[PDB]
Protein chains: 4
Amino acid sequence: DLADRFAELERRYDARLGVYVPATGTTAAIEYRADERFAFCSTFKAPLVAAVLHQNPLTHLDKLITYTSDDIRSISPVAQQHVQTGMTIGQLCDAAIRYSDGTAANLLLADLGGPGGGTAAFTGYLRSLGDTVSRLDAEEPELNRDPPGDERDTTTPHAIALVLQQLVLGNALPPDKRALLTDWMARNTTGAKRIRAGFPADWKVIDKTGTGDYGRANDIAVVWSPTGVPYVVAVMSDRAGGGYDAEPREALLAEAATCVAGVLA
Amino acid sequence: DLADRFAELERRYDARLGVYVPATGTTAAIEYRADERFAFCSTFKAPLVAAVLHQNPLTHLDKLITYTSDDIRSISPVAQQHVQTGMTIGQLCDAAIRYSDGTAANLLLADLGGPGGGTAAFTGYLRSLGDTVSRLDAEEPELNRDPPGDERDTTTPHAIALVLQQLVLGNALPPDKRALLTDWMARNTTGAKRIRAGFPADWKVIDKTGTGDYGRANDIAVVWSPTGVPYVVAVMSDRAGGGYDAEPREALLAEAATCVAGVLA
Amino acid sequence: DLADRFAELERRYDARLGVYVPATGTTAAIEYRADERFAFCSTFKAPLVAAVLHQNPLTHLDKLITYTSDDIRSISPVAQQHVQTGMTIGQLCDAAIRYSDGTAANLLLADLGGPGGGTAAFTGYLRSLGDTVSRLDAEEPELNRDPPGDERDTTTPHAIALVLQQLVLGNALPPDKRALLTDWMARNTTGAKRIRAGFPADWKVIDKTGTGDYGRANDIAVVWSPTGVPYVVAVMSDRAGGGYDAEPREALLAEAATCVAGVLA
Amino acid sequence: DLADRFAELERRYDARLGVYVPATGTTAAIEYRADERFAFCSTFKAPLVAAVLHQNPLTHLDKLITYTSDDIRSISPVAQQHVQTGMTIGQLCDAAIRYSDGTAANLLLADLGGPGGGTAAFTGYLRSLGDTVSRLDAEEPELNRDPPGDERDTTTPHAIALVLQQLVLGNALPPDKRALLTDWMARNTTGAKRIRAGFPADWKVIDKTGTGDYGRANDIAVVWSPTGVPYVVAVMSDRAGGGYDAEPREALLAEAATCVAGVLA
Ligand SMILES: CO/N=C(/C(=O)N[C@@H]1C(=O)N2C(C(=O)O)=C(CSc3nc(=O)c(=O)[nH]n3C)CS[C@H]12)c1csc(N)n1
Ligand SMILES: CO/N=C(\C(=O)N[C@@H]1C(=O)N2C(C(=O)O)=C(CSc3nc(=O)c(=O)[nH]n3C)CS[C@H]12)c1csc(N)n1
Ligand SMILES: CO/N=C(\C(=O)N[C@@H]1C(=O)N2C(C(=O)O)=C(CSc3nc(=O)c(=O)[nH]n3C)CS[C@H]12)c1csc(N)n1
Ligand SMILES: CO/N=C(\C(=O)N[C@@H]1C(=O)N2C(C(=O)O)=C(CSc3nc(=O)c(=O)[nH]n3C)CS[C@H]12)c1csc(N)n1
């Protein structure tokens with residue numbers, strides 16, 4: 001009956017919807033298109049920050065990174081104001097999560113090092129977490145513009161939910177670094193119209209959004225019930241049949257989240 | 001499937017839960033003990049105001065009612081501040097809906113006139129709406145104290161939801177009086193932790209609460225989707241197995257509402 | 001120059017305005033009718049909670065308080081829904097500050113003990129803080145109704161600011177109790193249209209509001225600059241010349257706060 | 001008075017600050033080095049779009065401009081994503097205002113035509129607005145690099161504020177083109193930490209930023225009071241004493257804006 005309502009939303013919004021909520025002790029898993037591939041878009045910036053935190057001590061966050069005007073090749077609301085001043089690693093992590101800063105993600109990818117400007121090392125980090133499906137192949141802004149059917153720069157709701165579960169709820173990160181990642185996502189400024197809009201206000205929601213061409217709109221979140229029980233919610237969508245210029249529908253993710261909230265209440 | 005989760009809420013909270021959402025063109029009716037009887041408690045105060053509005057011209061709202069300290073019997077946050085000044089019919093209507101003022105409802109019942117302090121005339125008003133099941137037999141605070149199994153001062157989720165549907169969405173009242181009733185319910189101060197707490201913030205919620213002994217906690221609401229689609233939600237509960245002193249559980253109503261929101265999303 | 005602009009606000013809004021900001025190391029004191037008396041209204045609920053916290057160990061917050069329908073004499077958005085359940089001292093403190101619950105303040109006054117239902121003991125607590133001007137003489141809701149010129153239930157911007165400074169910035173309370181008082185005021189739900197509205201968003205503002213008859217509208221706040229510099233802001237106003245039914249003007253408090261923010265910038 | 005606090009900010013941030021707020025019916029002009037010259041930096045891009053709108057019908061917005069990677073020489077977050085596709089004049093206007101795209105400004109200057117890549121024609125356009133002082137002499141990125149004392153690529157807070165006043169509040173443009181310019185500046189992505197950060201959130205702020213060498217940081221804005229009263233605010237700064245590499249300080253402009261908001265309150 002839940003798949004029937006997801007299918008109605010897919011028809012209402014002319015979209016393909018992917019939802020995954022990992023099973024808990026009390027609740028069964030919610031799976032809609034859990035193993036179909038959807039484009040990361042900016043959702044990769046949350047595990048990216050985890051990759052930077054994982055392989056560096058906390059003192060690395062205070063390292064100052066300098067860059068040029070040539071490095072501003074995508075939507076960079078924070079980095080575009082700090083070409084002359086430079087940006088610390090902590091500010092780049094803060095910027096990548098809370099403002100989805102594209103230049104900040106590229107600098108953090110470079111901070112990981114290796115082939116492809118850090119894209120291979122980020123994929124390797126997901127592999128180390130048990131994610132065998134996901135792959136990052138390009139930097140900003142190219143990774144948002146892969147045509148439908150292309151497996152590059154794609155993940156699945158299943159894979160990204162289990163990744164996010166380990167980062168926030170598991171022990172992929174020590175408690176001090178885990179709290180930083182959680183606080184950045186908790187103070188995100190881009191997800192008000194997605195999973196947060198579909199859950200009651202007394203539920204706590206931390207999230208990282210993704211938006212791209214072909215109507216792509218994603219939101220990955222950890223939510224806590226009023227009783228403090230945590231859940232991982234991955235919602236991914238695109239409108240690829242509507243072409244490159246297809247508009248993303250945030251209301252689709254909000255409605256999908258409301259459906260998920262009904263089963264979790 | 002939805003009944004399994006309502007019955008799970010009944011089991012979690014040791015309660016009997018009644019839910020009714022009238023069917024629309026797009027949605028099927030939601031029914032969970034929809035025709036079982038539950039005590040009105042203070043939910044009758046919303047149709048009571050409609051009875052007063054329908055029977056009287058608007059100028060009747062300015063009629064001054066004087067009362068003494070002896071007339072205060074139940075929770076009356078407004079009437080207790082106006083013994084010396086008296087209260088206009090409009091103030092009694094405002095107080096009865098928005099603050100669930102018990103003394104205000106008794107004065108409005110008396111304004112209806114007839115046997116039982118207006119309870120026969122109020123019941124007759126429900127009959128004019130097609131509700132042949134519901135009945136009011138006592139005033140505040142006795143109407144909250146009937147033992148389980150007693151049909152007096154009871155309604156059903158089915159009956160009260162259809163009553164509210166006609167008052168707010170239908171044409172039981174002319175538009176000017178309909179707006180007064182609707183705005184009072186929209187600015188209610190007693191329902192923040194019930195149906196309002198179970199719906200996402202971008203859903204508009206107007207409601208009237210009810211609370212009594214035997215763990216009785218009700219909330220009747222009209223809710224509007226983000227796209228402006230209205231739904232009537234009747235949620236009733238009691239915990240009679242815990243005796244007269246059973247405590248109402250507002251969280252039961254919030255969780256039940258979230259389940260309803262999932263089906264309506 | 002600043003007093004000329006305070007006087008212009010007084011003329012625009014048909015109001016009497018009181019402002020006090022204690023001097024700091026870098027900034028001089030701001031005073032506009034700083035020692036004239038204004039009605040407390042619900043601003044006393046913040047030092048009231050401080051008196052309860054200071055006089056009792058933290059574990060006292062878990063004591064359950066039971067009350068009756070006769071105790072709901074005032075606007076009590078939280079207490080009115082908990083007659084059957086009771087409320088802990090901690091919940092009453094939360095309700096008194098964040099929802100300005102009138103019954104909760106009366107129950108906390110009773111917890112202080114002594115003559116006048118705690119009004120003498122609360123006043124005595126202010127005396128221990130150096131406040132020789134302020135006085136509480138009635139409970140809710142009477143303390144909001146004193147006519148202009150009556151010194152009862154009045155304070156001054158100077159005195160209430162120095163009280164708030166010691167409670168939040170000083171050592172009137174041990175750090176654990178201080179954090180509870182600060183967090184409650186930080187999550188207050190009643191002050192969005194006053195001092196908070198007059199300061200830039202990157203300034204942190206914690207506040208406790210007061211509103212009454214005779215156009216009375218107060219807001220006492222501790223504000224932190226973007227650089228983390230704290231200031232105490234007390235703004236009090238009434239429109240007593242317009243009578244008992246005079247409407248309070250929240251915009252007066254916001255505009256006055258904006259004037260203060262310019263001098264503190 | 002107010003000048004004493006601006007000079008305080010000049011000392012705190014080791015900067016030269018220029019402020020101008022045109023007088024209105026209610027307020028007197030605010031002037032602090034209002035007629036001293038400061039470099040345009042990116043602030044000319046707002047009247048630049050007005051020049052392009054003024055000299056052409058709306059259909060000119062749909063003209064496609066093609067360019068190469070060699071034409072990208074400044075911070076160009078949008079133009080670097082459209083080398084292969086090209087961009088319409090309308091997109092160039094959007095990018096120049098909201099993202100301060102340097103390549104977009106050069107293409108729009110070329111669309112104005114004439115010697116110096118359009119700088120003479122843009123200077124002539126300012127003359128048509130009554131601005132006899134300001135001048136643009138170079139393109140991006142050279143216009144940010146003029147040494148102190150050089151009059152090239154300079155304006156004054158007085159002149160540009162009156163220019164902005166005519167473009168947004170006056171009748172320099174027909175209503176449809178004025179609305180496009182207004183909406184573009186309203187949706188700017190570069191000024192969150194400047195004038196916008198210094199005004200309360202309920203003040204509407206549209207702005208155009210400027211940043212260059214020698215610590216140059218400008219922001220020209222139109223702000224609306226909560227009552228809908230508009231004001232033009234020009235805030236310019238440089239820190240030439242710190243050399244070419246002197247860092248701009250955005251907080252200076254936010255603090256100066258807070259000072260302005262206090263007197264406009
Ligand atoms: C005898 O009169 N008593 C009261 C009274 O109980 N006032 C209290 C007081 O100071 N309170 C405060 C608060 O903390 O400010 C508030 C918060 S102010 C407020 N009022 C609204 O109507 C609204 O929609 N939003 N907000 C934020 C509620 S009343 C209580 C009163 C209220 S208006 C009036 N003329 N009198
Ligand atoms: C080649 O890149 N194309 C992008 C792009 O830059 N994508 C990134 C991505 O996923 N980003 C995110 C985010 O984290 O969601 C965002 C936040 S989304 C957003 N923007 C608003 O202006 C707004 O008002 N609300 N919201 C929710 C910005 S783009 C970047 C794009 C943006 S819209 C579209 N059709 N394409
Ligand atoms: C919607 O519920 N939430 C509330 C709440 O209870 N609001 C109530 C509401 O509608 N209120 C009203 C009024 O009737 O206008 C008021 C006005 S009280 C009042 N006004 C007068 O003009 C007067 O002469 N006397 N008095 C006593 C304040 S809040 C309460 C709340 C309290 S604190 C907070 N953050 N929310
Ligand atoms: C006031 O600015 N605040 C921003 C911010 O920078 N918003 C920007 C804004 O207006 N944006 C826009 C757009 O141009 O429409 C977009 C879309 S950009 C885009 N659209 C397409 O259709 C497409 O094909 N490709 N791309 C790249 C998203 S946010 C950025 C912000 C970023 S995170 C946050 N909380 N705020």
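To find a chain, count down the sequence lines: A is the first, B the second, and so on, and within it residues start at 1. Just follow the structure's listing: the first ligand is 1, and inside any ligand the first atom is 1. We read in the header that X-ray crystallography, 2.2 Å was used to get this structure. What you see below is based on every heavy atom in this structure, not just the backbone, and it leaves out hydrogens, waters and symmetry mates.
Contact analysis gives the chain with most pairs under 4.5 Å to ligand 3 as the one the PDB entry calls Beta-lactamase. PDB records give the name of the drug at ligand 3 as ceftriaxone. Other chains with any heavy atom closer than 4.0 Å to ceftriaxone (ligand 3): B, C. Distance remark: protein heavy atom present below 4.0 angstrom from atom 24 (O) of ceftriaxone (ligand 3).
When distances from atom 28 (C) of ceftriaxone (ligand 3) to the protein are checked, no heavy atom turns up under 4.0 Å. Considering backbone and side-chain atoms together, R187(B) places no N or O closer than 3.5 Å to any N or O of ceftriaxone (ligand 3). Within a 4.0 Å radius of atom 33 (S) of ceftriaxone (ligand 3), the protein contributes at least one heavy atom. If you number the atoms of ceftriaxone (ligand 3) from 1 as listed, the ones under 4.0 Å from a heavy atom of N188(B) come out as 1 (C).
Protein heavy atoms come within 4.0 Å of atom 6 (O) of ceftriaxone (ligand 3). Here is the list of ceftriaxone (ligand 3) atoms found below 4.0 Å of a heavy atom in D213(C): 24 (O).
Atoms of ceftriaxone (ligand 3) found under 4.0 Å from any heavy atom of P77(C), numbered from 1 in the order shown, are 6 (O), 32 (C). Contact annotation: for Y99(B) versus ceftriaxone (ligand 3), heavy atoms closer than 4.0 Å belong to the side chain alone. Restricting to residues UniProt lists as binding substrate in chain B, the heavy-atom distances under 4.0 Å from ceftriaxone (ligand 3) involve none of them. Ceftriaxone (ligand 3) has no nitrogen or oxygen under 3.5 angstrom from a nitrogen or oxygen of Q81(B). Protein heavy atoms all stay at least 4.0 Å away from atom 17 (C) of ceftriaxone (ligand 3). Taking distance alone, with nitrogen or oxygen atoms compared against 3.5 Å, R98(B) approaches ceftriaxone (ligand 3) more closely than that limit. Protein non-hydrogen atoms do not reach within 4.0 Å of atom 21 (C) of ceftriaxone (ligand 3). The 4.0 Å heavy-atom shell around ceftriaxone (ligand 3) contains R98(B), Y99(B), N188(B), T189(B), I75(C), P77(C), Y99(C), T189(C), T190(C), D213(C).
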